[PDB]
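Pictured: Envelope glycoprotein gp120, co-complexed with 3BNC117.
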Amino acid sequence: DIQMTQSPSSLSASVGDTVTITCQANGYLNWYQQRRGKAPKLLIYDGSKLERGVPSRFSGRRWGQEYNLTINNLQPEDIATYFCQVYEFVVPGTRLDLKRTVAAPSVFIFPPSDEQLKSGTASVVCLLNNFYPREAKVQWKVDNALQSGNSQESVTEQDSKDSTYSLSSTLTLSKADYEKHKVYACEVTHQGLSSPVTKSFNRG
Amino acid sequence: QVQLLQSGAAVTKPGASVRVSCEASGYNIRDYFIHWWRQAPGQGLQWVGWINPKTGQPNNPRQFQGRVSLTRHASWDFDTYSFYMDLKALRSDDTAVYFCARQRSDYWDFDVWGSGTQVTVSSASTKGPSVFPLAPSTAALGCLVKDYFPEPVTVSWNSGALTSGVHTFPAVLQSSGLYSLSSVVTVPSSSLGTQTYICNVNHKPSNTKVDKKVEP
Amino acid sequence: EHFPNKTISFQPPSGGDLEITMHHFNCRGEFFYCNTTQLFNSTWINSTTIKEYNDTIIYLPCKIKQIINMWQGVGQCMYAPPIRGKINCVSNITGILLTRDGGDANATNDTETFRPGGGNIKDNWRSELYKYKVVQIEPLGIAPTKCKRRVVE
Amino acid sequence: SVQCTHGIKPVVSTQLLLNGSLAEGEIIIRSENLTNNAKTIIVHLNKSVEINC
Ligand SMILES: *[C@@H]1O[C@H](CO)[C@@H](O[C@@H]2O[C@H](CO)[C@@H](O[C@@H]3O[C@H](CO[C@H]4O[C@H](CO)[C@@H](O)[C@H](O)[C@@H]4O)[C@@H](O)[C@H](O[C@H]4O[C@H](CO)[C@@H](O)[C@H](O)[C@@H]4O[C@H]4O[C@H](CO)[C@@H](O)[C@H](O)[C@@H]4O)[C@@H]3O)[C@H](O)[C@H]2NC(C)=O)[C@H](O)[C@H]1NC(C)=O
Ligand SMILES: *[C@@H]1O[C@H](CO)[C@@H](O[C@@H]2O[C@H](CO)[C@@H](O[C@@H]3O[C@H](CO)[C@@H](O)[C@H](O[C@H]4O[C@H](CO)[C@@H](O)[C@H](O)[C@@H]4O)[C@@H]3O)[C@H](O)[C@H]2NC(C)=O)[C@H](O)[C@H]1NC(C)=O
Ligand SMILES: *[C@@H]1O[C@H](CO)[C@@H](O[C@@H]2O[C@H](CO)[C@@H](O)[C@H](O)[C@H]2NC(C)=O)[C@H](O)[C@H]1NC(C)=O
Ligand SMILES: *[C@@H]1O[C@H](CO)[C@@H](O[C@@H]2O[C@H](CO)[C@@H](O)[C@H](O)[C@H]2NC(C)=O)[C@H](O)[C@H]1NC(C)=O
Ligand SMILES: *[C@@H]1O[C@H](CO)[C@@H](O[C@@H]2O[C@H](CO)[C@@H](O)[C@H](O)[C@H]2NC(C)=O)[C@H](O)[C@H]1NC(C)=O
Ligand SMILES: *[C@@H]1O[C@H](CO)[C@@H](O[C@@H]2O[C@H](CO)[C@@H](O)[C@H](O)[C@H]2NC(C)=O)[C@H](O)[C@H]1NC(C)=O
Ligand SMILES: *[C@@H]1O[C@H](CO)[C@@H](O)[C@H](O)[C@H]1NC(C)=O
Ligand SMILES: *[C@@H]1O[C@H](CO)[C@@H](O)[C@H](O)[C@H]1NC(C)=O
Ligand SMILES: *[C@@H]1O[C@H](CO)[C@@H](O)[C@H](O)[C@H]1NC(C)=O
Ligand SMILES: *[C@@H]1O[C@H](CO)[C@@H](O)[C@H](O)[C@H]1NC(C)=O
Ligand SMILES: *[C@@H]1O[C@H](CO)[C@@H](O)[C@H](O)[C@H]1NC(C)=O
C-alpha cells in the first residue's frame, strides 16, 4: 500500500522566480517533467540526486516524508507539467504557466448559414477570446432560459504572446429548438472582466 | 545513441486487434527491463506492464490482464530488439498514446523514453472532411471543420498568407465519432461584413481537399 | 502477515518463453518440461469452509524437449541423445519462485496475485548461499601497555 | 565461524527449487523489497514434499 498526493497543482509564477511543489510518499521518488503531447523527461531521481545533463537550477529536499523540487530563475521554457513518480502510482501532476497577465474576454457570436439545416443539422458557437485566468462560466440560453448538457467546450493552449487564454463554446441544436428563438445570449463572468457581460446577435 | 523509437500512428475499429512496436539497440539491452505506459488524453500517466528482454516474461495489472499481451523478438546477435504489444478486443474509451520506456536502476527511474504512438479506436470509419461556413453579422471568423474522421487535418487561411491572430482550438470529439474543431482569426471590428476570406483544409487519412469561400 | 488485509490468489504464468511458462529441470541426461498449471491456482478469503477432500493424486503432463538453450544467449545450443530404458526421478520440492503483480492507480480490491516461474538462474542459488559472508582476517593489532622495550645502553 | 561451507548441489530448475535444503525455523519469505514487485519473491519450506516424475 503506497499512497500518493500532490501540491494543489494549480500554480503559476513569473519569469525569473522560484516555485515549490510537494509530494508525500513512502518509497522512491523520481521527478518527471513533460511537455504538451511529448514523452516526459526524467528530471530528479531519489528525491535529491540530480541527473546528468540537467540544468543546475533544480534542487531536491529530502525531509521526512515531504518532498520538494525548487526551480531557480524561472525561464519561459520551464512552462510545462510536473509530477512525481513512484514504483507504480503516478500522480495527476501539476500545471505551470505565467501569471497575472489579466485581459478582459469578449463574447463573440456568429450565426451560421441555412446550408447545414438542409442536411438536418444546426451548429452555433459562443466564443470567449483573450482572457485570463482560465476559470469562468460560459453558457447558452434560449430567450434567457436554462441550457445545459448540449454544448462542447474547447480551450486552446496558453496564448504565447500576451500570456492569455481563449475559450470556445460550441452548441449543437435540433431543427425546431433552433429557430424558435431568434436571439440568444451567452453570459460569461470572469475574473479578468470587471462585470459579467452578455451578447446579442441577428441573422441577416 | 540509445535511439529508442516507436512506430507511427495506427487506427483500428472497435473490437479489433492493434499492434504497436518499439525498438532499442544502442546499449547492452539484454539486461535492462522495459516498461509500457499509456496516457489517456487530458489525464495522467498509467502503467501498462513490464517485460524482461532476458526471458520475455510479462507482467500486467489487474484490469488489463487477459486483454493485453507483451512480447519481444530478439535478433541473432542480441544487439537489436523489437518489442510488440497487442491489445485484443479494443474498448471504447481507450484512445491513448502508448509509451515505451527503459529502467536504469532498482530505483525505478526511467531515463530513455520512446517517441509515442497515437492510437484511436471508434466507429464512423474513415471519411473525408466537410467544412461548413460561419457568416459574421474587434471580431473573429470561424470555419467549423465538422463531420470528419480520423485525425488530423491541416488548417490554413488564404493559402496560409493571412493568419492574423489565429486560434485553432484542439479537436474535440463528439459522440458520433466525427471530429470537429473551431479555428478563428482576429479581425477588425467595423471592417467585417464586406471582406471575404477562404479556408483550406486537407485530411491525410482520406486525402481530400475542400476549399471554402466564407462570406457574410 | 506481510500484506495487511489482502486475499491471495494464484494463476499460471502469463506468458513468455518455454523456460518460464514451464517447470524446466534435468534427469540423467534428458530434460523435462512439465506444465504444473494445476498447482498454481487458488484463492483464500477467510478459511470459513474447510474443503476436506480425499487423497487424490495429481498428474501433471510433461512435454520433453531435446534442443535446449538452457542459458539465454551464453550457453551453447544442445542436443541430448535419447536415453535407453524407463527413467524415473524422485526429488525434493524445497522452494518455490514467486513474482508479485502491480496494483492499480484507482482502487485496489483488497487482493494480490502471485505467479510462479520467472527469475534468472542466480536466484536458484541466492536462496542457498544466503548464510555465508567471506572476510579476511587482519591479524595485526595496536594497543597501549606499560612495558617500554628496555634498550641496551 | 566455520572453515568453509557445507555441500551445495548445482541443480538447475526454473519454476521450483528441486532437491535443495530446508530451513528448520518456518516458512521463510525472502526478497529485496516485497514492496517492489520487480524483484523476485523466494519462499522457503520446512517440510519438503516429495516429487515423483
Ligand atoms: C535429488 O536427489 C535424488 C536422489 O539422489 C536424485 O535422484 C537420483 O538421480 C541419479 C541420477 O539422476 C540416479 O542415479 C542413477 O540411478 C540409476 C538407477 O539404476 C538402478 O537400476 C539399475 C538396473 O536397471 C542398476 O544397475 C543400478 O545399480 C541401479 O540400482 C543408475 O542406473 C544410474 O547409473 C548410471 O550412472 C552411474 C553414475 O556413476 C554409472 O556408474 C552407471 O554406470 C550408469 O552410467 C550410465 O549412464 C551414464 C550417463 O548418465 C554414462 O556416462 C555411463 O557410461 C553409463 O552408460 C545412476 O546411478 C539415482 O538413482 C537417483 N536416486 C534415486 C533414489 O533413484 C535427483 O536427481 C536429485 N534431484 C535432481 C533435480 O537431480
Ligand atoms: C526498500 O527496502 C529498504 C530497506 O532495505 C527501505 O529502506 C527504508 O527506507 C525508509 C525511507 O526511505 C527508512 O525510513 C527512515 O527510517 C529512519 C529510521 O531511523 C527514520 O529516522 C527516517 O526518518 C528520517 O529520515 C530522514 C533521512 O534523511 C531524515 O532526514 C528525516 O528527518 C526523517 O525524520 C525514515 O523514517 C527506513 O528506515 C528504511 N529501512 C527499513 C524500512 O527497513 C526502502 O525504503 C525500500 N524501498 C521502497 C519502500 O521503495
Ligand atoms: C498447461 O495447462 C493449461 C491448462 O489451463 C493449458 O492452458 C490451455 O492452453 C490451450 C492451448 O491450446 C488453450 O486453448 C486453453 O484456453 C488454455 N486453458 C485451458 C483451461 O485449457 C496450457 O496450454 C498447458 N501448457 C501447454 C504448454 O500447453
Ligand atoms: C527429500 O525429503 C525427504 C524427507 O525428509 C528426505 O528423506 C530423508 O532425508 C534426510 C536428509 O538428512 C536423510 O537423512 C534421511 O535418510 C531421509 N529419509 C528418511 C526416511 O528420513 C530425502 O532425503 C530428501 N531427498 C534427498 C535427495 O535428500
Ligand atoms: C513449518 O512452518 C510453519 C510456519 O511457517 C509452522 O506452522 C506454525 O507452527 C507454529 C508452531 O507452534 C504454530 O504456532 C503456528 O500457528 C503454525 N502456523 C500455521 C499457519 O499453521 C509449521 O509447524 C512448521 N513445520 C515444521 C515441520 O517445521
Ligand atoms: C514413483 O513413481 C513410480 C512410477 O510412477 C512408482 O512405481 C510404482 O509403484 C507402485 C507401488 O509400489 C506400483 O504398483 C507400480 O507398478 C509402480 N510402477 C508404476 C509405473 O506405477 C513408485 O512407487 C513411486 N515412488 C514414490 C516414492 O512415490
Ligand atoms: C518543502 O516545502 C515546504 C512548504 O512550506 C517548506 O517547508 C520547504 O520549502 C520544504 N520543506 C522541507 C525541505 O522540509
Ligand atoms: C531463424 O529461424 C527461426 C525459426 O522460427 C525464426 O523465428 C527466426 O526469425 C529466424 N532468424 C533468426 C535470425 O533467428
Ligand atoms: C484490516 O484488518 C484489521 C484487523 O483484522 C482491521 O483492524 C483493519 O481495520 C482492517 N483494514 C485496514 C485497512 O487495515
Ligand atoms: C484455476 O483457477 C482459476 C481461478 O478462477 C480458474 O478460473 C481456472 O479455471 C482454474 N483452472 C485453470 C486451468 O486455469
Ligand atoms: C485445496 O484446498 C482448498 C481450501 O481448503 C479447497 O478449496 C480446494 O478444493 C482444495 N483442493 C484439493 C485438490 O484438495
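So that the names make sense, note that chain A is the first sequence line, chain B the second, and so on, each numbered from 1. These values consider heavy atoms only, across backbone and side chains, with no hydrogens, waters or symmetry-generated copies. Only a part of the entry is shown; contacts are counted within it.
- For 3BNC117, every matching ligand or chain, copies included, can be listed as chains A and B.
- Other chains within heavy-atom reach of 3BNC117 (chains A and B), distance under 4.5 Å: C, D.
- Per the entry, the species of origin for chain C is Human immunodeficiency virus 1.
- The chain of 3BNC117 (chains A and B) with the most heavy-atom pairs under 4.5 Å with chain C is chain B.
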